[PDB]
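Caption: PDB structure containing berberine.
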Number of protein chains: 2
Amino acid sequence: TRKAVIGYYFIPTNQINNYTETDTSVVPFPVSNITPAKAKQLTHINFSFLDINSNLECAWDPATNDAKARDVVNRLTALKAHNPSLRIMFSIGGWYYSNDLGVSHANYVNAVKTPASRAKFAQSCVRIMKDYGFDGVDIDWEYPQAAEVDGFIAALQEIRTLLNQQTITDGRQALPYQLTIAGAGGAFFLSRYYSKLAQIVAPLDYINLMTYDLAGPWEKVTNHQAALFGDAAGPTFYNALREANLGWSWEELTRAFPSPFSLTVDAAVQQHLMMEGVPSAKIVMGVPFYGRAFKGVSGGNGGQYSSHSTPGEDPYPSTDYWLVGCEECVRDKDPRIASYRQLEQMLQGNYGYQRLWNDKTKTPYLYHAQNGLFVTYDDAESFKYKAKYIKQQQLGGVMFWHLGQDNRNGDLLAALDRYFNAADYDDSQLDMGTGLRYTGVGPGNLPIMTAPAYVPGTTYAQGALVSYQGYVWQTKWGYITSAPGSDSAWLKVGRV
Amino acid sequence: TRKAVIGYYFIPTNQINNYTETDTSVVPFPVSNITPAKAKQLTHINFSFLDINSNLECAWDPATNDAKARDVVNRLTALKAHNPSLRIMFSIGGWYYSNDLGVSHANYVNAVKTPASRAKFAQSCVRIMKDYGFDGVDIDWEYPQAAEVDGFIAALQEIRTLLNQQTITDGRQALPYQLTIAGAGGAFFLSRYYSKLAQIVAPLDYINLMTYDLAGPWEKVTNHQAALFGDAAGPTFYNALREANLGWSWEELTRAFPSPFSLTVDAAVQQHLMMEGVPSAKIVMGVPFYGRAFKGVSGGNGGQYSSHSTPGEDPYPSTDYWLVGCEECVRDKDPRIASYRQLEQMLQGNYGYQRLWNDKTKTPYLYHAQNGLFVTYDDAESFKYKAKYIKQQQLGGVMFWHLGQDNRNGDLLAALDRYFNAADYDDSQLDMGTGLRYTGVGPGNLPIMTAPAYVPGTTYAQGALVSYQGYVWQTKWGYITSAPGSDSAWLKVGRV
Ligand SMILES: COc1ccc2cc3[n+](cc2c1OC)CCc1cc2c(cc1-3)OCO2
Ligand SMILES: COc1ccc2cc3[n+](cc2c1OC)CCc1cc2c(cc1-3)OCO2
């Protein structure tokens, strides 16, 4: 089965309203830059972003010129001429619209609140899909809180029901309409809904993990934003999942959620696989096509794990564009983010950057020793290890933000496609290194074990193992006369 | 309010059937030893034990001569002529009948299963009470398991309903019929039903905690069986309450249930009071009128906290009675337990026993250096500290197992009554020592706290405190945009 390759196409309202394929000052990345070769390397394009309005319906931003929007979307769906498996999804939400303090947050909360509201919202999603010609629905609410999760789930179930009906009505068995979400890739936000992951992922084709932005100027210590594995020399974090609303025991929580821990891509993936009912095949690893830049860093680690002086707030609360060589940063008025395209040009421009490699995290970084700058980013090399991980862990594929940030040759997308599909690419000896793996164990990833069947009537000592109702259990203390499941003395430690 | 003084009167069936007040070889402790003075020192006698039979009704051991039982019970209820507050309860259960592997356990489990069975059982209880002249019902099931708790609770509620009706029907408003249970005094057994303590204690006048047998030959290290407070030099135990099905977060469990911990009387009491809806006035502290003995102990600490050679199985798997001086050990054919009466006699008989005192646990012990014997017990000195604790913690009173183990003058019973009621006893300056206190915090003992009201739309840093919906909450990490209770990010730390 082919791995998914899901690329975001983000276009702001003002670029739609002034869309041209002839002026990168106005539209830096028009649809024309998605060549047939690139269209064939994608399985999905997530057009972004739509929103939920005051009427609790899916909708375009009210300032959108609808004729221009339709034309942009038609250009994207025309790419299917080059790739009969390609789907143009649309994404609802994103940080700006749907974060707790964002402009439309209340509409997300209220849309999912009732049977009537969920039905109206779900219908509106399918209507948008059909009217503009999209191939599925992606929801990027960042992020539902605990009390909202059940309504969120029910809304997803309702969309699934309509989409399946629409597939049959439209003859689309060969390319069914799909439903995805963008999920948190770090434990703090994930702990909002982690306990209900199984019910969240049941109606979905994929959950696309945002396994990036794991570092940024809002943290006091510079770090890799998408480390695959952990580096003991780097910062560690409170494991927020041990506070999730799971109902588990102290021993269960402790063995599943070591704390502090390394905030890495492997952590997020393994934390999802620890839950029963979450299939590896639905998990999609997100990767960034951009880096995050920091100023005021010190030496001794190439800029890693240093204090810094980078403002954390949004929008960038300054006019000082200190990322030397970053013309896109001046255009966009933020030196703290740079596309891979721009970073490549900064590297070939002799601006004083060194490209370094951390072989524990398996990620590159830039250090500017003259000016004290650090940039965490991904490239075709880090993507080798991530793609091997996706294959070994039997994940559904890869997602990235976003297409406009690749270089003009499409090298990052071409790399991902190569690592999954090229017949002359062989990563059998790629060394995944000795960086820290996430070691938590939970009900969904218990080791297979054997043990004598439990016998009613028997008194068991501390540490005894038995099999019962399909699991292997271990006593936590002595003189146990109760059966596994029926008494808190037993810990589930294996699968039969 | 007068403190309860609840003494168990245990008599085996063979002693009931051959009852006599003229031959200690046959009945060691006849009721006639309960003089009018001793009668005024008690508030309750728990006659022990009745059972639940295969008809799922309260009943006497079927081997009981009924007339002889009636006569013993009359000897007890005649004592009420000397104390108009005295109640002669009867206790159903005990370890032998009701432990998981005991002879009647299935009858306890099945009696409480359905509305019909609970009604039949409860009416059984009230009928026995009235037929024999008892003043209330005590249930000593050691111990209901989690799936049985709800049924057990309903049975208690049913008994409560009937007893109240009987109160009004017999005009007993001045001395209403009562309902009590014996509860676990150590965390391992307590963990079976701890999460439902509120429901359990609601229908009761008292829950009588079995805060003894906290050490024994089944343990690998010698220790005090009823330490009031902890000794850091002593052994510590896994806190099983952290595995009870409470539904609390990792931080909540950890702050409520330190582990390892000192298995003490104070621990059991404070563990009960950490649960909301468990009033201190219903909690009764149990104390033992017997000691437990260990052989093969090393020197250097008076035999405390040493290895040993004592068998742990029941019945005693030997005829070697190695406890120099203990008559009763041969009579009853177990050298591991000895009444306070017998231990006093061993102390005055110049057998080589030294009485030592632990001023952290506030308890006595006996050491026998030449044959290496260790005895843990209580006496009138340890009872001073336990009685002051009962007063300071506003507990309901004291319970003890059992009357027939006090010395012939009843010094232990007299001591308890004195410490609670004697005008010429003054414990105002009694020093409770520096032993370890149990410091866990839970929903039932959250402190009053004060903090600024939560402000929606505000972002909070790690450690911030707000007031919201009746509690004070603290954030566990930073950049918190969610409301308290609404999120894994916030920890209940106090009450408004
Ligand atoms: C640590 O928590 C934070 C704090 C701040 C965060 C800010 C942003 N994101 C996650 C954040 C986050 O998630 C982990 C997602 C990507 C993004 C794009 C943006 C933007 C802000 C953000 O401004 C406009 O474009
Ligand atoms: C270590 O686990 C055990 C193992 C064995 C145990 C045996 C007994 N108890 C706890 C035990 C225990 O609890 C900790 C409670 C008191 C008791 C009275 C008895 C009796 C046995 C027991 O026989 C009749 O009279």
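Chains get letters A, B, ... in whatever order the sequence lines come in. We number chain A the same way the PDB entry does; the residues here are 3-498, in that order. Quick note: numbers on chain B are straight from the PDB entry, i.e. 3-498, in order. Indexing begins at 1, ligand by ligand and atom by atom, following the structure's order. Atom set for the values below is all heavy atoms of this structure, side chains included, hydrogens, waters and symmetry mates excluded.
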Q) In terms of chains or ligands, where should one look for berberine? A) ligands 1 and 2
- Item | Partner of berberine (ligand 2) with greatest heavy-atom contacts, name from the PDB entry | Chitinase
> Other chains with a heavy atom closer than 4.0 Å to berberine (ligand 2): which ones?
Replying inline: A, B
- Region of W220(B) engaging berberine (ligand 2) - heavy atom pairs below 4.0 Å: side chain
- Below 4.0 angstrom from a heavy atom of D316(B), which berberine (ligand 2) atoms are there? Numbered from 1 as shown, please. 23 (O)
Heavy-atom contacts under 4.0 Å between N101(B) and berberine (ligand 2): side chain, backbone, both, or neither? neither
- Is it true that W97(B) lies under 4.0 Å from berberine (ligand 2), counting heavy atoms only? yes
Practice item. From atom 13 (O) of berberine (ligand 2), work out which of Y318(B), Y481(A), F191(B) has a heavy atom at the shortest distance. Key: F191(B)
Practice item. List the closest protein heavy-atom neighbour of atom 16 (C) of berberine (ligand 2): residue, atom name, distance to the nearest 0.1 Å. Key: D215(B) OD2, 3.6 Å
Worksheet item: Which chain positions lie within 4.0 Å of berberine (ligand 2) by heavy-atom distance?
Response: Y481(A), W97(B), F191(B), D215(B), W220(B), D316(B)
